[PDB]
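Please read the structure below before turning to the comments.
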Protein chains: 2
Amino acid sequence: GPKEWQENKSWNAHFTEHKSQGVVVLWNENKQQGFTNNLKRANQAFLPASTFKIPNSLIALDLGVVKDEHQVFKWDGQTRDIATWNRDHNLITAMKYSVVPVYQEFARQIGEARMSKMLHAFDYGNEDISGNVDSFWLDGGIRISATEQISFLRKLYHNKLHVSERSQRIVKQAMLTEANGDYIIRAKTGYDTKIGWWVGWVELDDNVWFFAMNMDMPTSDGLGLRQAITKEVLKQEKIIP
Amino acid sequence: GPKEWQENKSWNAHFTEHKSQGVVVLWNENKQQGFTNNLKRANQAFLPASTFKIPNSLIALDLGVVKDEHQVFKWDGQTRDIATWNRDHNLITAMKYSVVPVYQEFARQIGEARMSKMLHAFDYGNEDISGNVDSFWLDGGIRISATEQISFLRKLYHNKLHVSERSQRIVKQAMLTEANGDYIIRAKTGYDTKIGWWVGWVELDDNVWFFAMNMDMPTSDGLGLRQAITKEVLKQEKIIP
Ligand SMILES: *C(=O)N1C[C@H](NOS(=O)(=O)O)CC[C@H]1C(=O)NOCCN
Ligand SMILES: *C(=O)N1C[C@H](NOS(=O)(=O)O)CC[C@H]1C(=O)NOCCN
Ligand SMILES: [Cl-]
């Protein structure tokens, strides 16, 4: 019988091109088949870093910590290194600019008990929030693999997570990254100072391709490689032109 | 003091460069102020043509004629002149490719009594569904002006139409046309063999600009001018780069 998961090591060329190493995992929804350049790493667990703003957003919305995507979270007045963080934000722009202090406030409002209960209900990674309530996704005990990111994202796409359909629709709106006549990308980046992530999906007219990639990332100088390498794989597989 | 609507006739150069005649109407949501090259034409009511797939979609969803944006509507097997129509579609692709026969089926299932009641509730144009329930927006009595399109779109943007929030969120998803790091466009085209339309809005980080344009369109050869002329205006006003 056909294989649910297939390894394609030719994608390693896209990583070694940049003296890098990592994994891309693709899932073809229509075919119910997955593809990766590294089966082992596809299933190894890493800190989610800023990809955690997907579940964090869902929980904050479902609990009413965030009322809607227009509610303004005012800048606290502390000038931070990332200039786009030094202003007021809403859910859309806080996702787009990956505004850590806004999401730390969400996590504090959610609190440990409800955060843990929600991650258990989401079957999210190892479901472990050990560490600080407002930083465990960057320096605490939670871990998730690329294949587990895909599992979670497929549930979100199909409105199957254990939060309201409304919360799921709002977060999918906030994940919008790129759209044109050929495809729509909904995704989220992350970086934990050692590993970079890009997770999300590509919507086509008659199919959707889920993706989760992580790569060794010793400095922020190479962060654009997260999208660049993933797009080289998508182009090789004829998913985008 | 300042006026709700200001006339900026310099935009006429974008129509005359293409030997065209028409109107662009913009509404700055933050400032609660509008701008147009021709206030009279901005208030002239025309057949909506395919821009009617916005309210049609909302009504079909709210009544359960369309269950969700993934439900497949099978091709009826009749080969029509637009090749993209001769295939199965869902709500997303039916809007993207402006698939009239799919929307005619929605309209028949809605039926005239519910269609009329819902257009009255929407305050949509002249609310007149005279003609066939499955063609009145193409050859019947309904008429809507560019400023009336903006009024309708503003209600949709704010979830203020008299249908569920879910229906409004799904339709706004289906209107997605373009997105990048600078802007998001949600919009719908139309053409009635005499005039072409483009209506929708541009989402920025900290503002929304609604737009409605129509132009004289003797042949289908110049249909790309609907978006090109609008974008020239958006560029002149520094809304998009
Ligand atoms: C999350 O992964 N973040 C926040 C921000 N996101 O940028 S993105 O990775 O491009 O989405 C910057 C990187 C990362 C951090 O939190 N970096 O700070 C690490 C030390 N506090
Ligand atoms: C509506 O305006 N339509 C449907 C389709 N839309 O193309 S768009 O202008 O690019 O949105 C083709 C043009 C127009 C029609 O005239 N078609 O409706 C009659 C077909 N039964
Ligand atoms: Cl969207």
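Chain IDs: alphabetical, in sequence-line order. Since chain A takes its numbers from the PDB entry, the residues it shows come out as 21-261. Numbering of chain B is taken from the PDB entry, so the residues present carry the numbers 21-261, in order. First listed ligand is number 1; within each ligand, the first listed atom is number 1. According to its header, this structure was worked out by X-ray crystallography, 1.4 Å. Hydrogens, waters and symmetry mates play no part in the numbers below; they use all other heavy atoms, side chains included.
Most heavy-atom contacts to ligand 1 in this structure come from the chain listed in the PDB entry as Beta-lactamase.
The drug located at ligand 1 is named nacubactam (bound form). At a heavy-atom cut-off of 4.0 Å, other chains contacting nacubactam (bound form, ligand 1): A.
Note: nacubactam (bound form, ligand 1), covalent bond at A:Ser70 OG.
Polar contact check, A:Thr71 against nacubactam (bound form, ligand 1): no nitrogen or oxygen pair lies under 3.5 Å apart.
Proximity to A:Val120 (heavy-atom distance under 4.0 Å) selects the following atoms of nacubactam (bound form, ligand 1): 4 (C), 16 (O). Under the 4.0 angstrom criterion for non-hydrogen atoms, A:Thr213 is in contact with nacubactam (bound form, ligand 1).
The heavy atom nearest to atom 4 (C) of nacubactam (bound form, ligand 1), out of those in A:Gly244, A:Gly210, A:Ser240, A:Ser70, is found in A:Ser70. Binding site of nacubactam (bound form, ligand 1) at 4.0 Å, heavy atoms: A:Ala69, A:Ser70, A:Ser118, A:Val120, A:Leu158, A:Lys208, A:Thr209, A:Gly210, A:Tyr211, A:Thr213, A:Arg246.
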Which pairs of N or O atoms, one from nacubactam (bound form, ligand 1) and one from the protein, are separated by less than 3.5 Å, and what is the distance for each pair?
| unit_1 | atom_1 | unit_2 | atom_2 | d |
| --- | --- | --- | --- | --- |
| nacubactam (bound form, ligand 1) | 2 (O) | A:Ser70 | N | 2.7 |
| nacubactam (bound form, ligand 1) | 2 (O) | A:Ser70 | OG | 2.1 |
| nacubactam (bound form, ligand 1) | 2 (O) | A:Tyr211 | N | 2.9 |
| nacubactam (bound form, ligand 1) | 2 (O) | A:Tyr211 | O | 3.3 |
| nacubactam (bound form, ligand 1) | 3 (N) | A:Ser70 | OG | 2.3 |
| nacubactam (bound form, ligand 1) | 6 (N) | A:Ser70 | OG | 3.3 |
| nacubactam (bound form, ligand 1) | 6 (N) | A:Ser118 | OG | 2.9 |
| nacubactam (bound form, ligand 1) | 9 (O) | A:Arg246 | NH1 | 2.8 |
| nacubactam (bound form, ligand 1) | 10 (O) | A:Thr209 | OG1 | 3.4 |
| nacubactam (bound form, ligand 1) | 10 (O) | A:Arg246 | NH1 | 3.3 |
| nacubactam (bound form, ligand 1) | 10 (O) | A:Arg246 | NH2 | 2.8 |
| nacubactam (bound form, ligand 1) | 11 (O) | A:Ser118 | OG | 3.2 |
| nacubactam (bound form, ligand 1) | 11 (O) | A:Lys208 | NZ | 3.1 |
| nacubactam (bound form, ligand 1) | 11 (O) | A:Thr209 | O | 3.4 |
| nacubactam (bound form, ligand 1) | 11 (O) | A:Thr209 | OG1 | 2.6 |

